[PDB]
Protein chains: 2
Amino acid sequence: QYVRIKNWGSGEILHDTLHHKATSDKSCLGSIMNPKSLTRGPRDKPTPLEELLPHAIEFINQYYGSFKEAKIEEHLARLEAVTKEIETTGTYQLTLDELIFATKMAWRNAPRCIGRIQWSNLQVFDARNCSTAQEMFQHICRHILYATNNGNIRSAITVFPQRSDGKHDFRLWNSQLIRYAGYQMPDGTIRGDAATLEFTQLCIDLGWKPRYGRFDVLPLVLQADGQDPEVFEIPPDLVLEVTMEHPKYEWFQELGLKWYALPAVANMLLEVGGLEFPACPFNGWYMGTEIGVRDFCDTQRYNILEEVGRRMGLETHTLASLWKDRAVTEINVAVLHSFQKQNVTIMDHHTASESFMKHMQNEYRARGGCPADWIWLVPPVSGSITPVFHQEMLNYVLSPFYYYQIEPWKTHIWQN
Amino acid sequence: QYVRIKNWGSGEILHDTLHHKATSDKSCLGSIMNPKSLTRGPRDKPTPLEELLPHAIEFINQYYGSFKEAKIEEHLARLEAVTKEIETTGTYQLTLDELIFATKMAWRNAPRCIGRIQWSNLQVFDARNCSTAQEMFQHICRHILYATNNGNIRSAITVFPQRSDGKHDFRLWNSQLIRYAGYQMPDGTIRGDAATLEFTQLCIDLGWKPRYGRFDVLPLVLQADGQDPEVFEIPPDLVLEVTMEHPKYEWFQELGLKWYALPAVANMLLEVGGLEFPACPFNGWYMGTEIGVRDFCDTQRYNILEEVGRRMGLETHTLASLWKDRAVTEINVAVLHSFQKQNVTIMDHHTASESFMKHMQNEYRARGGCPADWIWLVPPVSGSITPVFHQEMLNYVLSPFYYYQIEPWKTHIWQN
Ligand code: HEM
Ligand code: HEM
Ligand SMILES: C[C@H](O)[C@H](O)[C@H]1CNc2nc(N)[nH]c(=O)c2N1
Ligand SMILES: C[C@H](O)[C@H](O)[C@H]1CNc2nc(N)[nH]c(=O)c2N1
Ligand SMILES: O=c1[nH]c2cc(Cl)ccc2o1
Ligand SMILES: O=c1[nH]c2cc(Cl)ccc2o1
């Protein structure tokens, strides 16, 4: 009938019925980073018609069923037209409106996103007519420019040509549009973003000139029509950055830290009505903790925690002193302070959490559920201090959906 | 063959093979508080022999297989003796050594416990010969006294008579041995521990005299041999408490806060070799965040966060100011400072996390795995600041195991 869901903070109860529309798929794979269930791999043959048509019809019904004032006439016509297109072409092209609807629903269906209250506010760039890498690059630049909007960040997505037979896939090898390089310096020490070590090397192996700095913006590695990836440097004028300053600690800027203002996922796949889009970069704005906690404090990243500790005069040699808790908060304060001062959009984790709670409440009232991955929705700091922590959630895959993809360099067949 | 497990912090890889010995058991029930899979309900008939014997043999093999220098001779004898006891009595009695081994293994197999590095260090009190509530009370007092040890906390467990036919179950109605009462005051305001509202009332409905205070230690509600529960007040001399003081904020003690030093689970069930023990209270020592973050800062608990905020002179009306992050840390500092000052055992969450990481490493080397519930192992604060956050985990039920039980007052048949 329905799964009961409880919020131990307010005591409120919710009835999840939306999970019934969930898709497919050896203990409980609880904290697995990239599970196969969330990954949509490559293909070497077109989608079997017996599979395509059913999913296509399913989607067309969802699209027309979303309207307040039904359009039965148009609905029936679309159903017939789509079927014919599949019969005569082996696939089908979404109408601009359908695609727009799809991108928003896929975001709406992203269990790991805390910013889904903004789901309906998304600019869509239709690049399904793209043909070359140079063209992809131009589209991406236009995207970055529009999204950055001089600090007033705007959520957007660029949709490239859908997968045909799987041999002509459009793909962005980057994990994110804007990302810093990681260098394995001569003196053994790691420089820049340690998480991009391998990818940085690949860029170098493709002709990119390494600048061996702490914040070197990596180039776009674009794969068009299944062909070999081309390297393109992102024009610096398009990469907006924020220099890190603390409202009280003047020595904070002496750290020489900064970060980009545009968080943009670049390697995911959009699934809709049986169709797959291997290239569809999208972006939103930052939530403070991503930079201050993950990027700056993870040991596998910039690992600046101990340094900020000493500077504060804390007992960095005694864990029980809770110096780490004290340091990380000041870094978070710095990140938020800097973005606000430099007029660049950002939201603290507390405001974000509440916003999601409101969204979830809205989703249950609208469709009886909201797919949520607790492990990702709970901030990397102040866990139980946020309401999301006390909220029971159900994680399930719907459609449309944004899937992970296998690393392109592991399945790509080089032309030369 | 084996499930691959990765630690994104150190990059280390682990091979889990232990999950193959997992037991039994509609989307992914990710953040469910009390799932049925972790609950072992009541019975009205003895364990079917066809089920009992197999589990019994399985356990006896595990027990003897744990020894370094094997005791094949004794092993075979025990196997035969257990079988006969079941044939002639319909069940079997564990030897003291077996039970001791069982309690430690069940703890070792608790996916939600961060303190499992101490698994082998556990005192066992055999109360399987208990008969009356008064006797249960005496055993519990002895437990509390031994465990408290004048602040030098010691982990212990008291094992009551195993379930026979399910109609003569020994049960502790309390969720924890020591817990504060929650009163629904006349002026509408909640007083004490808001989480014990319902249970507090039940105690009152059974003859307990409410003292309407902020920290009133609830009485023991004991059920012996399936009979009606009796109320027993815990002797105050046995309840050690810590008054909350801040190392710098002198106004902190003006808050009049305090907490008990003994964390003891009282309502869980021990499953071993087909046998079930509905009453087996156990305890360890506190990890700071349980008191400072959950008990003191949860809105459904003492909710002292805003109060500590103003006292600090923070912008408690602006979420983005991160006042909550600042306040909660000082409370955590207070809790740790007070326990240490009053010589009462306690461990901060950072030291606890590392300790578990070492344990997990030890478990994979010893038996190729360690059942872990990421959602419970990650501290309520400083999530990603701890190593546990970046460690992938596999959650599964082994045997022996500590299961949850259905609330006794919901299935109990009152005598009069
Ligand atoms: C408007 C502001 C937005 C905010 C503040 C936001 C924030 C977040 C955060 C904090 C995460 C976790 C990232 C990580 O830990 O790696 C996340 C994940 C995600 N978001 Fe959002 N998001 C926003 C917009 C978007 C948009 C526009 C889309 C899609 C059209 C979206 C799709 C997703 C997806 C698919 C994930 C999962 C990525 C992964 O698993 O690596 N988000 N988001
Ligand atoms: C030696 C110190 C110990 C520490 C610091 C420790 C700490 C913890 C913590 C932090 C939790 C989470 C509690 C919550 O959020 O409600 C937990 C859960 C648990 N612990 Fe430990 N523990 C210790 C000893 C023990 C012992 C001696 C046993 C068993 C013999 C044990 C069995 C468990 C079980 C079964 C749970 C789950 C309880 C539940 O799900 O409500 N722990 N422990
Ligand atoms: C192992 C663990 O799943 C991993 O480190 C996680 C958990 N929670 C997360 N939560 C978010 N938001 N983002 C992440 O990258 C992760 N990583
Ligand atoms: C809904 C959610 O599962 C619940 O609030 C949790 C999550 N994580 C937890 N973690 C621990 N250690 N203890 C808890 O009580 C909880 N509760
Ligand atoms: O903080 C953020 N903002 C984000 C926007 C996208 Cl699209 C993904 C992850 C994010 O993390
Ligand atoms: O902090 C703690 N210590 C604990 C000991 C047991 Cl047995 C259970 C939960 C605990 O939480």
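Throughout, protein chains are lettered first and strands after them, A, B, ... in sequence-line order, and every chain is numbered starting at 1. Method on record in the header is X-ray crystallography, 2.3 Å. Both backbone and side-chain heavy atoms feed into the values below; hydrogens, waters and symmetry mates do not. Indexing begins at 1, ligand by ligand and atom by atom, following the structure's order.
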Novice: Quick check: what drug is at ligand 6?
Specialist: chlorzoxazone
Novice: I'd love to know the main binding partner of chlorzoxazone (ligand 6) in this entry - how is it named in the PDB entry?
Specialist: Inducible Nitric Oxide Synthase
Novice: Under a 4.0 Å cut-off, which other chains come into heavy-atom contact with chlorzoxazone (ligand 6)?
Specialist: B
Novice: Below 4.0 angstrom from a heavy atom of B:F282, which chlorzoxazone (ligand 6) atoms are there? Numbered from 1 as shown, please.
Specialist: 7 (Cl)
Novice: Which residues, listed by UniProt as heme b-binding in chain B, lie less than 4.0 Å from chlorzoxazone (ligand 6) by heavy-atom distance?
Specialist: none
Novice: For chain B, which UniProt L-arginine-binding residues keep a heavy atom less than 4.0 Å from chlorzoxazone (ligand 6)?
Specialist: B:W285, B:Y286, B:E290
Novice: Specify side chain, backbone, both or neither for B:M287, according to which of its non-hydrogen atoms lie closer than 4.0 Å to chlorzoxazone (ligand 6).
Specialist: both
Novice: From atom 2 (C) of chlorzoxazone (ligand 6), is the closest protein heavy-atom distance below 4.0 Å?
Specialist: yes
Novice: What is the closest protein heavy atom to atom 8 (C) of chlorzoxazone (ligand 6), and at what distance does it sit?
Specialist: B:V265 CG2, 3.7 Å
Novice: Of all the atoms in chlorzoxazone (ligand 6), which lie at a distance below 4.0 Å from a heavy atom belonging to B:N283?
Specialist: 7 (Cl)
Novice: Per the PDB, what organism is listed as the origin of chain B?
Specialist: Mus musculus
Novice: Report the nearest protein non-hydrogen atom to atom 11 (O) of chlorzoxazone (ligand 6): residue, atom name, distance rounded to 0.1 Å.
Specialist: B:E290 CG, 3.7 Å
Novice: Quick test: of every protein heavy atom, which one is nearest to atom 10 (C) of chlorzoxazone (ligand 6), and how far off is it to 0.1 Å?
Specialist: B:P263 CB, 4.4 Å
Novice: Starting from atom 4 (C) of chlorzoxazone (ligand 6), find the nearest protein heavy-atom neighbour and note its residue, name and distance.
Specialist: B:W285 O, 3.6 Å
Novice: Could you list which atoms of chlorzoxazone (ligand 6) come closer than 4.0 Å to a heavy atom of B:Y286?
Specialist: 1 (O), 3 (N)
Novice: Hey, which residues are hanging around chlorzoxazone (ligand 6) within 4.0 Å, heavy atoms only?
Specialist: B:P263, B:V265, B:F282, B:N283, B:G284, B:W285, B:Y286, B:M287, B:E290
